[PDB]
Amino acid sequence: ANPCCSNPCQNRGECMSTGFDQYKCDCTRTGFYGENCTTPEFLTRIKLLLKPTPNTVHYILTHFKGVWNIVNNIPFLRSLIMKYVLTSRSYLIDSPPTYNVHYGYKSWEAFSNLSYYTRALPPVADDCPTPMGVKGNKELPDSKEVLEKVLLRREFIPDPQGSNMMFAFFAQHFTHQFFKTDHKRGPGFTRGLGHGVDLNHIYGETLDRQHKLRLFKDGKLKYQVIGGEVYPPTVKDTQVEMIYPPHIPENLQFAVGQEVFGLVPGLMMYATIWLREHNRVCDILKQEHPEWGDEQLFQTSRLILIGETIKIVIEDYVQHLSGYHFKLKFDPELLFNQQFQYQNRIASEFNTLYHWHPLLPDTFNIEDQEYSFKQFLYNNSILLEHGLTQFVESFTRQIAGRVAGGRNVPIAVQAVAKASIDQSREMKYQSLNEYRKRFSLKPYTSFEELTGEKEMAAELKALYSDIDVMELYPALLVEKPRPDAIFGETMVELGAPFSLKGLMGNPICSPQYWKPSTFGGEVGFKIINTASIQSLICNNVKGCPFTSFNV
Amino acid sequence: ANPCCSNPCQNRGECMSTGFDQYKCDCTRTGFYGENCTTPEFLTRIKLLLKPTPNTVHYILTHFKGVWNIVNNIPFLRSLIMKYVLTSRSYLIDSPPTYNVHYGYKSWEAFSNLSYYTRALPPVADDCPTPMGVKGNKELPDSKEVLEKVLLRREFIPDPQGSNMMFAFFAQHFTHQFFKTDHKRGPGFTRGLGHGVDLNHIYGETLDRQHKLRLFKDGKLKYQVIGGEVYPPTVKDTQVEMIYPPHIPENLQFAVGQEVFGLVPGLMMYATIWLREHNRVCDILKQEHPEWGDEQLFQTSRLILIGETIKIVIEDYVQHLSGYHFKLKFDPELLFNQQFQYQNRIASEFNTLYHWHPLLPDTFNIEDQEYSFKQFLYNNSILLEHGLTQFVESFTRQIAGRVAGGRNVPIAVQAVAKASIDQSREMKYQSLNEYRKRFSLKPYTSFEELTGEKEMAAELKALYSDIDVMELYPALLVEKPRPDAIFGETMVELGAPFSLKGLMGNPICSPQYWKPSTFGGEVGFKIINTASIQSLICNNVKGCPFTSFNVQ
Ligand SMILES: *[C@@H]1O[C@H](CO)[C@@H](O[C@@H]2O[C@H](CO)[C@@H](O)[C@H](O)[C@H]2NC(C)=O)[C@H](O)[C@H]1NC(C)=O
Ligand SMILES: *[C@@H]1O[C@H](CO)[C@@H](O[C@@H]2O[C@H](CO)[C@@H](O)[C@H](O)[C@H]2NC(C)=O)[C@H](O)[C@H]1NC(C)=O
Ligand SMILES: CCCCCCCCO[C@@H]1O[C@H](CO)[C@@H](O)[C@H](O)[C@H]1O
Ligand SMILES: Cc1ccc(Nc2c(F)cccc2Cl)c(CC(=O)O)c1
Ligand SMILES: Cc1ccc(Nc2c(F)cccc2Cl)c(CC(=O)O)c1
Ligand SMILES: *[C@@H]1O[C@H](CO)[C@@H](O)[C@H](O)[C@H]1NC(C)=O
Ligand SMILES: *[C@@H]1O[C@H](CO)[C@@H](O)[C@H](O)[C@H]1NC(C)=O
Ligand SMILES: *[C@@H]1O[C@H](CO)[C@@H](O)[C@H](O)[C@H]1NC(C)=O
Ligand SMILES: *[C@@H]1O[C@H](CO)[C@@H](O)[C@H](O)[C@H]1NC(C)=O
């Protein structure tokens, strides 16, 4: 019924109903004009030719290794390139934010209510004839069919980039601070009202939860010592709410910032490391500031660990993931002379993009064991038996699964994968091609172009019929990867602007915050600017074992 | 004990202790360096001579009327000048915000916790020997003696700029959407978590309160008809909580967005006008979009009224208040190629600056009556008696009081005026001169330089002794006014950046929002861009009386 159901407005033009069967496109500042914002202005047509494809840019960044080696050691050049990466990506994101699951038009409710995930593309209206608008059948294909035909893992496909379990568990730990779905309200809602890197997965979302986790001396967090090793305190001791089955022994009911980190020993591993890191920084700051109280030591440590997290995410985590030969740099100063909004709202699609279910291995190899999923879930005793040292060494060696390329989702989490499809439809996501156009990508013209092969493409075609009806989430997993890479084009071009906007959008990246005195002097500041995934383990893991995000 | 109690660092340098008796100044991006950030870098001293004093700039905008008459009719030149007005002010404000009443250092708690008012200057530490840091006596002078000697009104001093009660009540109505003190937590806390012009004083702070105020038909708000006139609904039939004394009959307990707007008939007047305006726009939008449901009609009307408010504040309200001959312009497009943060956090000092108690008259004159404060308080029957037309006409004619100049706080609200002093001390405000330096002003060297006279200057020196111990709030009410103006330098120079930041910082001023389609098309868009205080009254007050923010 809604005339905007076909998504007629192109090039990020805004559709508005002007009657019962009439619409108008707002091409304001789109660089286009006309009824559908399809007719390019003069300067627009020029930029369209000079601007290369994402695959071309990706190729350059992943080749000419010797050339980039020169670039990386030239500060002025490295800064200029990183600056371009930051600016060009962030312009894809609406900031301040616009739509959510309940509003396909802008409203104060959609802007002010922080309980919502925001939306890069508005939902398909309720009165639309088809789930994707007007294209496709009355109903999308069976989610179970799609899951089994092109998603479920037949044989474990390893990651050509060699991402290890240290990478996988960092990804889940890191992103669990801003993807906290409020299942009470629905998939379009979040409990992470901070909408970014606040480290609530360490310090708790609320003040009362924080205060229960704090020692209230020397700025430190509460902890217990088992076998000489520092671990998070217990539920019984702190009285913070954690999610554990009732049979878990008291000393194994670890109390941490995120209530679900007791689900996975891998998550509790990083939880322990960051806990130790916080208290380590507390020791450092106190030595520098013996005149400081417990409150200032705690708050200053937190700001430092926020910095450390962002530093590691960019220069180690993303650096590995991208496959670039360019040395990515975390440097807030790059944006000081640029137009940039220091704020962020977590996008529902970014949560969807991050559903990297194929990442998970068949078994979790630790030391000389090979635990299954049923053995791994809610079993922190594995963490205590082997210790952090053994965990780091084991997880650095074990390879993870390939996300794109189709047919690699372990059946142990098939219910979760199916839910990603269902909840995407429930939230009325637009199609793959509409999201591709939203991020300046060419729409696929066939399922074979999408997957790069014939077998899976044929199964998809029998299911969806029209390529313009292909869903975003399943496509991400079946997409034709980049040459010897973990991801396809769509995963990167969509996720990277969500990511960098959330990293650099942090208030500690703003010029008033990005000062040494903010972090307790040059000593605190250096901890941030020298942070790495290696030093974090070296500075929290016994014996200081080697580690990286690849095998 | 804290080695930063003396406020040593200057030019917005940040002080940090390094020992029990040692401090270091962070001069990053200040343009200065040295131990106390007082050594100007090469490019800095250059601008130090190229930058005119705020009094000079004010002189230019308040003179050469014939010249501005030429400038105002040249769109390029007008926009360019207005562009300078917006940018030069907003750079004084920390955005994202920094300190609050409990944090004199940056912390995630101070940033993330929206229940705090933010602070332009950090609080004086608790372990400091004196309230101002190290200067002055162990305790500040008696607030009662300060109030009585230099603040209390002997004889009414009318505003030389001719501000009326329409202005006075608009100020109180408009600002009480973001100045909503959480008295249960303290004077440094707020209940306005929107921290800006969200119009919660019309629609309600919470979704729950909003829904009870809504008709859920044609996007409209609930209303009742009394004598053929549209008024807000009652507490009885909406169940929204309002603050009323128990002797007020339920039929007179009007329910609106802000729970305290029943306190003053002048507030309830604007609440009605804005209620009517909302439903007026819903009618207009429905005509343009018969295919729209109730929810989109309500929401789109809210964005438009937000636009209307900001438009009127700038082009009418601030326009009159500033005294500028230059025509101020509400144009979000002016900031699209400028570095600007579309976000705002309400500053505790902005609230303190807006305690315009001397604005209040001795009596509230409606038609032929002269209601005292006791009679005017919580008396909505006065509104139903005279009406809205007579209210607008009467308030347009009655002049308001001069804020600066000293001794003009009416006695009826002396307790409130004393609270403003005491709570500033409770929140550990830094001195007047510290706030002047914080906003690129020159510190006063004597109380005489502050007041511009001798009698009150002698009173204050006997109380404060040192000029560097003079408090911010009492100074604003006794400061030497600009030539025939309502305010002194400190008021305008401190407040204007807070204001423009909160106005332009609204998300609807951002490029993705500032589109016709955001407001339902060109018809809705035009309501914003042609709004004014007169049209607001004309479309919603019977008879369309002639109104203004000043008397003839
Ligand atoms: C954000 O939006 C949600 C969803 O509309 C609000 O939650 C609803 O609140 C109303 C009344 O407050 C209830 O009747 C609904 O049952 C709630 N729905 C859900 C799914 O929880 C929420 O109150 C809004 N938040 C704010 C701060 O306004
Ligand atoms: C913002 O800060 C205030 C003040 O610290 C917090 O209010 C305190 O909350 C704790 C824990 O719930 C209570 O024990 C205190 O009694 C409260 N004090 C006051 C003065 O209200 C408030 O919870 C914080 N807000 C958020 C969202 O964390
Ligand atoms: C791993 C368990 C999935 C089996 C689900 C039912 C089989 C449907 O999946 C079929 O799988 C075959 C094996 O890969 C493919 O050759 C076919 O293309 C596919 O249709
Ligand atoms: C869904 C997704 C997409 C991209 C990235 N990172 C990334 C990448 F994989 C390539 C280039 C830049 C960036 Cl920021 C990430 C990882 C992250 O930055 O959170 C996730
Ligand atoms: C305490 C205070 C200070 C200044 C103003 N307005 C104002 C002014 F009075 C002169 C120049 C610009 C502006 Cl924004 C105001 C009114 C307002 O913009 O809300 C209050
Ligand atoms: C705009 O799109 C509609 C529907 O997609 C189409 O019918 C029409 O021809 C288009 N107009 C132009 C000028 O491209
Ligand atoms: C938990 O892990 C231990 C290994 O430390 C294993 O022996 C035990 O069977 C596991 N328990 C469950 C319920 O999987
Ligand atoms: C800096 O300030 C301190 C205390 O205010 C003072 O003693 C010192 O002389 C100052 N130094 C300079 C270089 O201004
Ligand atoms: C309220 O106003 C009326 C005039 O309408 C007046 O007669 C009455 O005395 C007032 N009430 C009080 C308590 O002063």
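We name chains A, B, ... by the order of the sequence lines, and we start the count at 1 in each one. Recorded method for this deposit: X-ray crystallography, 2.4 Å. Computed over heavy atoms, backbone and side chain alike; hydrogens, waters and symmetry mates excluded. Remember, it's 1-based here, ligands and their atoms both numbered in the order they're listed.
- Sitting at ligand 5 is the drug lumiracoxib.
- The main binding partner of lumiracoxib (ligand 5) here is, in the terms of UniProt, Prostaglandin G/H synthase 2.
- Contact chains for lumiracoxib (ligand 5) (heavy atom under 4.0 Å, other chains only): B.
- By chain and number, the binding site of lumiracoxib (ligand 5) (heavy atoms under 4.0 Å) reads B:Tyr317, B:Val318, B:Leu321, B:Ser322, B:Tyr324, B:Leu353, B:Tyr354, B:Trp356, B:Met491, B:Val492, B:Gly495, B:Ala496, B:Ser499, B:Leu500.
- Against a heavy-atom cut-off of under 4.0 Å, B:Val318 is close to the following atoms of lumiracoxib (ligand 5): 7 (C), 12 (C), 13 (C), 14 (Cl), 18 (O).
- Set against the non-hydrogen atoms of B:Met491, the atoms of lumiracoxib (ligand 5) under 4.0 Å away are 1 (C), 3 (C).
- For lumiracoxib (ligand 5), the closest UniProt active-site residue in chain B and the least heavy-atom distance to 1 Å are B:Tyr354, 3 Å.
- Residue B:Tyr324 has at least one heavy-atom neighbour below 4.0 Å for each of these atoms of lumiracoxib (ligand 5): 11 (C).
- Of all heme b-binding residues UniProt records in chain B, not one places a non-hydrogen atom under 4.0 Å from lumiracoxib (ligand 5).
- With ligand atoms numbered from 1 in the order given, lumiracoxib (ligand 5) contributes 3 (C), 4 (C), 12 (C), 13 (C), 14 (Cl) to contacts under 4.0 Å with heavy atoms of B:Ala496.
- The distance from lumiracoxib (ligand 5) to the heavy atoms of B:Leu321 drops below 4.0 Å at these ligand atoms: 9 (F), 15 (C), 16 (C).
- Residue B:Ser499 places at least one N or O, backbone or side chain, under 3.5 Å from an N or O of lumiracoxib (ligand 5).
- Close approach of lumiracoxib (ligand 5) to B:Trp356 is summarised as follows: ligand atoms under 4.0 Å from at least one heavy atom of the residue are 1 (C), 2 (C), 20 (C).
- Of all the atoms in lumiracoxib (ligand 5), the ones that sit under 4.0 Å from a non-hydrogen atom of B:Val492 are 10 (C).
- Those atoms of lumiracoxib (ligand 5) with a heavy atom of B:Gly495 less than 4.0 angstrom away are 1 (C), 2 (C), 3 (C), 4 (C).
- Of the N or O atoms in B:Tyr354, one or more lie within a sub-3.5 Å distance of an N or O in lumiracoxib (ligand 5).
- Other ligands and ions less than 4.0 Å away from lumiracoxib (ligand 5) are, by number and name, none.
- Residue list (UniProt substrate-binding, chain B, heavy atom under 4.0 Å from lumiracoxib (ligand 5)): B:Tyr324.
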